[PDB]
Asks: 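I'm sharing a structure that contains TAK-931.
Throughout, numbering of the chain's residues begins at 1 and tracks the sequence. When a ligand or atom number is given, it counts from 1 through the structure's own listing order. Note: hydrogens, waters and symmetry copies are ignored here, and every other heavy atom, side chains too, is used.
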Amino acid sequence: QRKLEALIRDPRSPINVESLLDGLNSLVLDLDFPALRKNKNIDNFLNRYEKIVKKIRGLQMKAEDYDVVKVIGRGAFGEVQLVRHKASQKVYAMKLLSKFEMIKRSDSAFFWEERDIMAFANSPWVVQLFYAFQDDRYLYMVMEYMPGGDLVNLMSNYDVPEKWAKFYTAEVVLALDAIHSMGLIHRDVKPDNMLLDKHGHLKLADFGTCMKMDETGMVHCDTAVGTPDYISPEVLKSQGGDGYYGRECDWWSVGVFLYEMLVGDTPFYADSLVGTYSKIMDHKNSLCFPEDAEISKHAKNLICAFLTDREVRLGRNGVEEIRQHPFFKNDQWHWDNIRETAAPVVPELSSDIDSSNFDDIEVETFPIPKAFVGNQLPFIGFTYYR
Ligand SMILES: Cc1[nH]ncc1-c1cc2nc([C@@H]3CC4CCN3CC4)[nH]c(=O)c2s1
């Protein structure tokens with residue numbers, strides 16, 4: 001029964017006090033309705049607990065605790081805010097996830113791996129989570145602000161030379177190796193998930209697609225997940241079923257990245273989704289480089305070494321194959337020390353709320369239930385404090 005005490009005390013454990021308090025709060029939120037209270041059992045419970053549950057919710061970190069400096073991006077499940085915490089006066093990036101949209105889309109699991117990784121990864125390659133908290137309508141993740149913007153915005157503001165791509169590719173490679181070392185494969189690696197810190201250096205940021213590996217480093221996934229341009233043939237095929245693949249599905253995503261960075265378009269671009277999907281399946285035929293956009297044989301070799309079948313893909317035998325590829329040989333940095341060299345683009349920040357490397361941006365609650373629907377159950381255990 002001291003064994004029990006350990007589980008509760010561990011912030012990594014799904015039955016820690018904050019997750020047990022989520023448990024009581026979500027039960028009271030999903031029972032307290034006129035209809036359900038006709039049930040004695042439910043009235044007896046809500047009479048006993050409802051009052052103290054409100055008192056507790058009082059102390060819980062709220063949205064109003066933060067000033068919203070401005071919006072730096074909008075997802076399908078809601079927006080990411082540059083915010084300043086009122087009390088501490090510290091600046092964060094806060095991601096909102098609409099519980100209504102996640103419930104409605106039958107999509108209320110993706111965030112667990114994302115929270116786990118940002119909360120506990122403790123890597124200089126992984127954007128860091130300080131606070132997860134929820135209210136009746138929203139999930140909140142309060143992360144460190146990455147004021148350098150994403151690479152999608154860098155690549156569209158600069159002609160990127162090989163010397164830059166070497167750097168940015170190496171940092172992505174080390175970042176994924178970090179993610180892999182935590183027993184996770186990422187699956188949706190792309191420039192939108194690659195963020196630049198105050199010093200111009202890279203950090204992975206979106207993790208909704210990440211999956212625990214077997215004891216044998218494989219996964220059984222029968223869902224084709226991640227964004228179409230950057231998805232691997234093996235992951236696309238695995239929608240047809242009997243999906244069984246390892247982390248080499250991420251080295252594909254890097255090859256695609258490297259191609260886009262040097263060529264100027266994705267290598268399997270098409271007008272439709274199903275067009276891009278068709279091209280990717282046919283990658284032995286479909287991949288080729290424009291008769292102009294010039295690329296050193298080393299760069300072109302690495303790309304094609306990455307954009308092959310899983311069985312012969314660079315990084316199957318491990319990440320050191322990648323590291324000692326001719327393309328990466330350079331005078332600026334070694335792999336031991338890259339993240340303390342000078343980045344190709346060091347951002348010009350004016351203040352702690354400068355969001356100039358982010359483009360500008362510019363009503364749907366739940367209905368009262370008939371009987372128990374359990375709308376808050378999918379988010380028991382989210383709440384996290386550092
Ligand atoms: C932590 C941090 N510091 N500075 C910026 C950021 C982040 C910004 C961001 N943006 C998104 C958005 C939502 C959808 C639409 C486009 N992006 C992908 C999905 N997702 C994310 O995880 C993150 S982290």
Asks: Just wondering - which macromolecule does TAK-931 (ligand 1) hug the most here, in the naming of the PDB entry?
Replies: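 The chief chain, as the PDB entry names it, is Rho-associated protein kinase 2.
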Asks: State the binding site of TAK-931 (ligand 1) (non-hydrogen atoms, cut-off 4.0 Å).
Replies: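 At that heavy-atom cut-off, the residues are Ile72, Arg74, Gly75, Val80, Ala93, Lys95, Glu114, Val127, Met143, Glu144, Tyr145, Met146, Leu195, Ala205, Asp206, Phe358.
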Asks: Which residues of chain A does UniProt mark as ATP-binding that also come under 4.0 Å from TAK-931 (ligand 1) by heavy-atom distance?
Replies: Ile72, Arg74, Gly75, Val80, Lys95
Asks: Tell me which UniProt active-site residue of chain A is nearest to TAK-931 (ligand 1) and the heavy-atom distance to 1 Å.
Replies: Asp188, 7 Å
Asks: Help me out - I need the UniProt domain of chain A that holds most residues contacting TAK-931 (ligand 1).
Replies: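 That's UniProt domain Protein kinase.
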Asks: Per the deposited model, what residue and atom form a covalent bond to TAK-931 (ligand 1)?
Replies: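 The covalent anchor is absent.
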Asks: What source species is reported for chain A in this deposit?
Replies: Homo sapiens
